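Throughout, protein chains are lettered first and strands after them, A, B, ... in sequence-line order, and every chain is numbered starting at 1. Counting convention: from 1, in listed order, for ligands and their atoms alike. The figures here come from the full heavy-atom set of this structure, side chains too, leaving out hydrogens, waters and symmetry mates.
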Amino acid sequence: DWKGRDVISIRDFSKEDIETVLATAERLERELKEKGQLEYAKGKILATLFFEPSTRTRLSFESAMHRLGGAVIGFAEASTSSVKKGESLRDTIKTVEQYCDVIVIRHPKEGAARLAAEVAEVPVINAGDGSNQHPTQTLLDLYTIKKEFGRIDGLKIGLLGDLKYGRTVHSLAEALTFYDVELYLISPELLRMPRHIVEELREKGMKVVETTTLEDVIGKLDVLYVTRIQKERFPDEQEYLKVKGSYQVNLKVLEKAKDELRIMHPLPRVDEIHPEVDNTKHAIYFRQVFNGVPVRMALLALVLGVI
Amino acid sequence: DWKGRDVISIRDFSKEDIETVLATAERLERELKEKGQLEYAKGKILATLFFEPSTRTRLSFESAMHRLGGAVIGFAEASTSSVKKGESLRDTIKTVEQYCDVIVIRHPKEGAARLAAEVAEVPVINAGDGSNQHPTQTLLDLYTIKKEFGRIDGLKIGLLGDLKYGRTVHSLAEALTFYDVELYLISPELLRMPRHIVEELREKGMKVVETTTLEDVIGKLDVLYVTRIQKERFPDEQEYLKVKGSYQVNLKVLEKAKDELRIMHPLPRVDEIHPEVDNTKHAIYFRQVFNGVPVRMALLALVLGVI
Amino acid sequence: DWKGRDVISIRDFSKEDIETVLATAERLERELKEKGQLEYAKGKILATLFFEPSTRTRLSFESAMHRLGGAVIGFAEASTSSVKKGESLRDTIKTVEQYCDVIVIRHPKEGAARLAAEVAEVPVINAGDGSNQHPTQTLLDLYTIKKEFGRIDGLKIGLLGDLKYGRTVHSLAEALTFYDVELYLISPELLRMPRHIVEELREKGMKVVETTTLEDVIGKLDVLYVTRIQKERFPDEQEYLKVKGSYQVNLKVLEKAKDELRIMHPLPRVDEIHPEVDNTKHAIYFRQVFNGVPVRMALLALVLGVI
Ligand SMILES: O=C(O)C[C@H](NC(=O)CP(=O)(O)O)C(=O)O
Ligand SMILES: O=C(O)C[C@H](NC(=O)CP(=O)(O)O)C(=O)O
Ligand SMILES: O=C(O)C[C@H](NC(=O)CP(=O)(O)O)C(=O)O
């Protein structure tokens with residue numbers, strides 16, 4: 001059943017699906033420690049097709065595949081591929097799908113993963129499509145939260161920053177729909193969460209409050225998920241200069257924060273999280289990075305139908 | 001011996017008496033948990049005569065009586081009684097005392113409880129007389145302190161706010177006379193503790209320092225008992241506007257406070273304690289409210305001669 | 001081998017020597033607790049020759065000698081000795097050395113201890129020579145650090161204040177040469193550590209960074225060793241007025257400090273460490289004073305050849 005499934009939008013997953021990925025992720029995590037080399041993916045090839053920059057998503061996926069015993073092909077720069085000669089996206093996928101058993105694609109255009117999944121008879125995983133979705137990030141974010149707070153429900157989660165272009169929070173907000181939590185969306189009014197998404201989450205009954213001042217909600221938050229201003233998604237630099245550096249987390253802001261407050265960030269960060277926060281017990285973004293491998297290993301194995 | 005005793009001024013109690021009430025209070029507290037319904041007061045009626053507003057003192061006393069198995073009569077508004085037709089206080093008590101086995105009275109005039117106790121052959125408990133005394137508050141405050149710090153002596157207690165009109169701190173300061181503690185009275189010079197009381201406490205040998213700046217003493221305090229400015233006791237509003245909002249406890253003030261510092265407040269609070277303090281480990285005012293029932297249950301049982 | 005050795009410069013000790021003193025110091029410490037009176041120094045006399053003021057170094061040494069079972073002679077003020085008649089230092093030592101079995105000298109001129117050790121056939125211990133060295137302070141500082149952090153290496157130590165005239169940090173920096181630590185020298189540019197010393201420490205491979213702003217390094221420090229501005233060493237008061245009160249440690253500065261950060265100070269302190277820091281878990285300067293006796297007891301016993 002998991003074999004052949006795509007991972008395009010977090011909205012295509014139920015609470016059971018997410019739960020399964022996270023439980024399976026823990027499985028492979030421990031399993032790795034024991035064997036130090038798994039073989040579920042022996043004879044399988046993962047093609048990582050990145051049309052925009054990535055450090056974590058590409059490297060953790062390729063890392064996961066090797067830990068699973070598979071092989072990896074792909075490109076990190078579209079300029080080196082034949083898209084350079086003018087080839088289209090659907091032609092690229094139709095050709096590359098014949099070389100691998102699973103595709104992971106990051107593209108600057110929203111809906112690129114859906115288009116790829118449509119014309120591929122190989123499972124397609126969305127590593128980020130424009131400012132739309134980022135399903136595997138959400139899945140590793142939820143893994144981290146459950147791992148850190150031991151449990152899902154009963155949490156007050158705050159999403160800060162560029163909620164408008166941040167594909168990470170678009171998916172993360174949608175996934176939280178299956179959990180009993182109070183969501184707080186803190187951001188400049190120019191970078192608010194897509195109305196439709198905030199609408200839907202309340203169309204299902206979730207306490208969602210949109211605010212501009214962080215200190216208003218800081219004190220009751222269990223989770224503070226910080227984001228980066230997606231400079232590369234703005235219409236032009238002027239549109240970005242108008243919201244530049246207009247939020248940041250540091251020791252001062254953390255004065256009115258609960259002792260158990262945990263701060264996350266999909267990364268990379270520019271300056272929205274002062275490095276002084278790093279040494280604090282609050283910071284968990286680098287532990288967040290770590291969980292990406294077992295979560296991505298679970299996804300690869302599941303979708304390749306090897307576990 | 002306890003049967004028939006009144007509870008007018010905390011000065012009418014020895015260290016033994018206070019200790020007994022607190023030990024007995026713990027007894028009934030645990031006992032309640034077990035039986036979930038006691039009967040010491042079966043066939044006894046408590047008359048709560050409140051001539052001014054109350055939430056905690058009236059409700060906790062009535063609550064205590066029911067937990068003890070007794071019945072309750074009384075009025076929360078004098079306007080609904082025959083004092084409306086012009087009846088005096090002593091006539092009110094002489095008549096009502098024939099209907100109950102114990103009276104709890106809160107009146108806006110100092111000495112009202114003494115006058116009531118004088119003309120009643122039923123035990124009379126002072127729930128607050130003007131800006132004079134508040135014995136059961138002090139008794140539940142001491143219960144809370146011993147309960148929180150495990151013990152009485154060796155503490156540095158700071159009383160902040162309206163020490164002039166605050167009947168709660170007038171009694172609380174007097175009771176502390178039996179304990180080895182350093183008292184700090186922080187308040188505007190217009191709202192200082194009644195000279196006589198501060199005099200007496202030092203006439204017995206207690207280190208009592210009166211200051212205007214809280215931060216001067218904040219760092220060495222074990223207990224910080226905050227009070228509300230008694231607006232309704234001032235000569236007129238102008239007299240109150242001159243000391244309005246001139247003290248408050250929040251996270252900033254708590255920067256220079258000991259980790260074990262515990263903050264109390266007889267309540268209600270207007271703005272003298274910022275709600276951000278609520279989530280902190282320092283706040284114990286709502287735990288303070290809780291202890292009022294077993295303390296008041298102990299007092300009712302003792303004075304009714306049923307334990 | 002230890003018998004007859006002098007203690008002039010911390011540079012005359014190897015890592016083995018320092019380690020031995022500290023282990024031996026722990027020995028005598030526990031031993032004292034048991035017997036409550038030792039006799040290693042029975043029949044031995046310590047002469048404390050102080051030509052400048054001292055509270056800790058003189059008193060802890062005399063204290064140590066008595067705990068060891070020895071006797072003490074000496075002067076705290078040179079004005080009362082025959083140096084008053086014009087006697088020289090070498091004549092003073094040559095004469096006094098005939099009366100005791102060990103000398104402890106504090107003098108305002110750099111090299112005074114070396115001169116004393118040269119013309120004495122009795123062990124000479126430098127309790128401070130001008131702004132040059134202070135070996136027993138360093139030895140008790142290292143004892144405190146190992147005692148507090150359980151271990152030596154892997155620490156980030158910050159030395160703040162008057163590093164120019166502070167004989168305490170001149171020796172302390174030199175001793176740290178044998179340990180794997182990152183040293184941070186924070187001080188006004190007018191009070192920087194003697195170039196030669198900072199040079200040498202890096203000539204051996206130690207990460208040594210000299211800065212003016214404390215907050216730059218505060219966050220990563222394990223140890224913060226504060227010093228006093230050596231007013232009495234300045235050319236004149238004007239030279240001292242130019243660097244007066246230009247550093248201090250208080251709760252504000254400690255906002256960006258690690259929870260395990262430990263603050264030390266050889267003492268006395270004027271105002272460079274706000275007394276509010278005292279109650280904090282960071283302060284250990286008075287525990288630092290305590291360790292001086294067993295460290296000095298170890299030194300006396302070792303050098304007198306009685307252990
Ligand atoms: O780039 C961001 O700000 C968040 C997010 N980041 C990641 O997925 C991590 P990376 O770009 O290193 O793979 C994304 O949307 O690509
Ligand atoms: O009203 C105050 O500020 C303190 C004190 N408060 C109480 O006893 C609680 P309550 O008025 O709710 O019974 C009082 O003097 O009545
Ligand atoms: O005086 C100082 O600031 C540090 C140091 N202090 C001590 O040794 C302690 P004392 O002067 O009390 O013996 C010194 O150099 O003499």
State which drug is located at ligand 3.
N-phosphonacetyl-L-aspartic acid
Which polymer chain sits in most contact with N-phosphonacetyl-L-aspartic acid (ligand 3), and what is its name in the PDB entry?
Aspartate Transcarbamoylase
Chains touching N-phosphonacetyl-L-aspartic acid (ligand 3) at heavy-atom distance under 4.0 Å:
C
Identify, by atom number and element, the atoms of N-phosphonacetyl-L-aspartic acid (ligand 3) in contact range of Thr55(C), meaning under 4.0 Å from any of its heavy atoms.
10 (P), 12 (O), 13 (O)
Output the list of atoms in N-phosphonacetyl-L-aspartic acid (ligand 3) that are nearer than 4.0 Å to some heavy atom of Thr168(C), sorted by atom number.
4 (C), 5 (C), 15 (O)
Protein heavy-atom partner closest to atom 8 (O) of N-phosphonacetyl-L-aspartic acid (ligand 3) - residue, atom, separation in Å
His134(C) NE2, 2.7 Å
Protein residue, atom and distance nearest to atom 14 (C) of N-phosphonacetyl-L-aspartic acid (ligand 3), heavy-atom basis
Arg167(C) NE, 3.5 Å
N-phosphonacetyl-L-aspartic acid (ligand 3) atoms in contact with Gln137(C) (distance to a heavy atom under 4.0 Å):
8 (O)
Is there a polar contact between N-phosphonacetyl-L-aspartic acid (ligand 3) and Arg106(C), counting only N or O atoms under 3.5 Å apart?
yes
Would you mind listing which atoms of N-phosphonacetyl-L-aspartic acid (ligand 3) come within a distance below 4.0 Å of any non-hydrogen atom of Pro268(C)?
1 (O)
If the cut-off is 4.0 Å to any non-hydrogen atom of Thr57(C), which atoms of N-phosphonacetyl-L-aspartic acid (ligand 3) fall inside it?
7 (C), 8 (O), 9 (C), 13 (O)
Below 3.5 Å, N or O to N or O, backbone or side chain included: is there any such pair between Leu267(C) and N-phosphonacetyl-L-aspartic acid (ligand 3)?
yes
What is the nearest protein non-hydrogen atom to atom 1 (O) of N-phosphonacetyl-L-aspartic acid (ligand 3), stated with its residue, atom name and distance?
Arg228(C) NH2, 3.0 Å
Identify which residues UniProt lists as binding L-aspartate in chain C have a non-hydrogen atom closer than 4.0 Å to N-phosphonacetyl-L-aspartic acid (ligand 3).
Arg167(C), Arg228(C)
Where does N-phosphonacetyl-L-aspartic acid (ligand 3) share space with the UniProt carbamoyl phosphate-binding residues of chain C, that is, which have a heavy atom under 4.0 Å from it?
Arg56(C), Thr57(C), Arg106(C), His134(C), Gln137(C), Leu267(C), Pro268(C)
Among the heavy atoms of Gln230(C), does any lie under 4.0 Å from an atom of N-phosphonacetyl-L-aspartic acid (ligand 3)?
yes
Could you tell me whether some N/O pair between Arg58(C) and N-phosphonacetyl-L-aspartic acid (ligand 3) is separated by less than 3.5 angstrom?
no
I'd love a list of the residues lining N-phosphonacetyl-L-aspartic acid (ligand 3) within 4.0 Å - heavy atoms, by chain and number.
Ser54(C), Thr55(C), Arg56(C), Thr57(C), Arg106(C), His134(C), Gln137(C), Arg167(C), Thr168(C), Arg228(C), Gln230(C), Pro266(C), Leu267(C), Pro268(C)
